[PDB]
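These notes are about the structure you will find just below.
The numbering of chain A matches the PDB entry: 11-357, in order. We read in the header that X-ray crystallography, 1.8 Å was used to get this structure. One-based numbering, in listed order, for ligands and for the atoms of each. Hydrogens, waters and symmetry mates are skipped; everything else that's a heavy atom, side chains included, is used.
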Amino acid sequence: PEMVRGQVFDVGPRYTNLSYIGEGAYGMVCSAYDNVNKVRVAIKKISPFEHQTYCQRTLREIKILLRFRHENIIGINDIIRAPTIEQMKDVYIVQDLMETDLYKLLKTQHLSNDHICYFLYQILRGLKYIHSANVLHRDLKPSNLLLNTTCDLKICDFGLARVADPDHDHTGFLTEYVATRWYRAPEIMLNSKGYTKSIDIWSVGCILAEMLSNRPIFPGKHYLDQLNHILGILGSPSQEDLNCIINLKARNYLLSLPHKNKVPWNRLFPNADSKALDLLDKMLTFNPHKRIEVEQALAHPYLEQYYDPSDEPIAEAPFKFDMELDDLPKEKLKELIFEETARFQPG
Ligand SMILES: COc1cc(F)cc([C@@H](CO)NC(=O)[C@@H](C)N2Cc3ccc(-c4nc(NC5CCOCC5)ncc4Cl)cc3C2=O)c1
């Protein structure tokens, strides 16, 4: 078998001529030549089976991505693994190969207002589909936005996704949370489990702000610093918004802070299109109940050159997990991953 930077990559005979792309906690990613479709593809080698959290992420992504079909959402083309549960130590996920991601692009390139517009449109168009399936992505950030050489955009990494559950969103103050800090809505630190669609709108808001300046808008250095940064720009929440926070720890924390005025978007973003800043304000609303929804955001003046609801498709039906996954041992989750990848086996 081919080796890449001291790792077996058992993807043959279909996939050859591998090149390293990258690596992270998830595993390792290569490009490979696909000898059936005669195209280079992305292959990621995941080795999740010793970690319940890794098995959860692998299973959620696979189930979601094999169900969903949308231009602004990465597909799974193929999955390679051993013929038996006993012999299966790795899962290789084959996906369309993209040139870059928005994280890398923002560190190296100024985006024209027209690029910002088009990128935001594609993000919201993909998100409309995801929300229409009653799914929350829950980890939207530049590195989860893949781009090709013509700036077509695809959302990736559905391993933190969940079905929306607005009736069970309430929790206590500073309750611990997994998703990426600079893109976390204020309510996560105050009273929310991140089980409503407004969590994703907040993250998109953060992405938009970052496209305008090439710098994250709320770069908290650590957990409660994240809310400091948010309140530093939004200012003190209104009495009405504060009254929506019924938990006393969270309420009284907010009341203890000195009055801060709103920093106006046109001072933070002096070169930005005014319509972009109006949409930005609506996405970065403190109160998640008042926060714009994905379909309204698509209908916003800033996106008028692109808006076409007949060309912004929705999912055929809501997505459901057959069983609750968070209370399943890694051994059961491995069984479910085996089952879920069975359709790619010869036979
Ligand atoms: C601890 O964490 C874990 C544990 C797990 F058990 C499973 C996961 C899974 C599910 O949650 N998560 C991921 O796999 C995330 C983290 N990533 C990594 C990754 C690398 C490359 C590409 C990619 N990249 C390209 N092209 C690149 C772009 C940049 O520039 C260079 C070319 N094209 C096509 C593709 Cl799918 C996509 C992804 C992706 O989804 C995570």
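The chain forming the most contacts with ligand 1 in this entry appears in the PDB entry as Mitogen-activated protein kinase 1. At ligand 1, the drug present is ASTX029.
At 4.0 Å, heavy atom to atom, the residues around ASTX029 are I31, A35, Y36, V39, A52, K54, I56, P58, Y64, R67, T68, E71, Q105, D106, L107, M108, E109, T110, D111, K114, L156, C166, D167, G169. Of the protein's heavy atoms, none falls inside 4.0 Å of atom 22 (C) of ASTX029. Annotation: atom 36 (Cl) of ASTX029 to nearest protein heavy atom, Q105 OE1, 3.1 Å. In this structure, chain A contacts ASTX029 chiefly via UniProt domain Protein kinase. Among all non-hydrogen protein atoms, the one lying nearest atom 19 (C) of ASTX029 is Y36 CZ, 4.2 Å. Of the protein's heavy atoms, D106 O, 3.2 Å lies nearest to atom 34 (C) of ASTX029.
Here the protein heavy atom with the shortest distance to atom 7 (C) of ASTX029 is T68 OG1, 3.7 Å. Those atoms of ASTX029 with a heavy atom of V39 less than 4.0 angstrom away are 20 (C), 21 (C).
According to UniProt's ATP-binding annotation of chain A, the residues with a heavy atom under 4.0 Å from ASTX029 are as follows: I31, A35, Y36, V39, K54. For ASTX029, the polar-atom distance check finds an N/O of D167 within less than 3.5 Å of one of the ligand's N/O atoms. Regarding atom 39 (C) of ASTX029, its nearest protein heavy-atom neighbour is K54 NZ, 3.8 Å. An N or O contact shorter than 3.5 Å links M108 to ASTX029 by distance.
The residue of chain A annotated as active site in UniProt and closest to ASTX029, together with its heavy-atom distance to 1 Å, is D149, 7 Å. Annotation: atom 24 (N) of ASTX029 to nearest protein heavy atom, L156 CD2, 4.0 Å. Closest protein heavy atom to atom 30 (O) of ASTX029: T110 CA, 3.5 Å.
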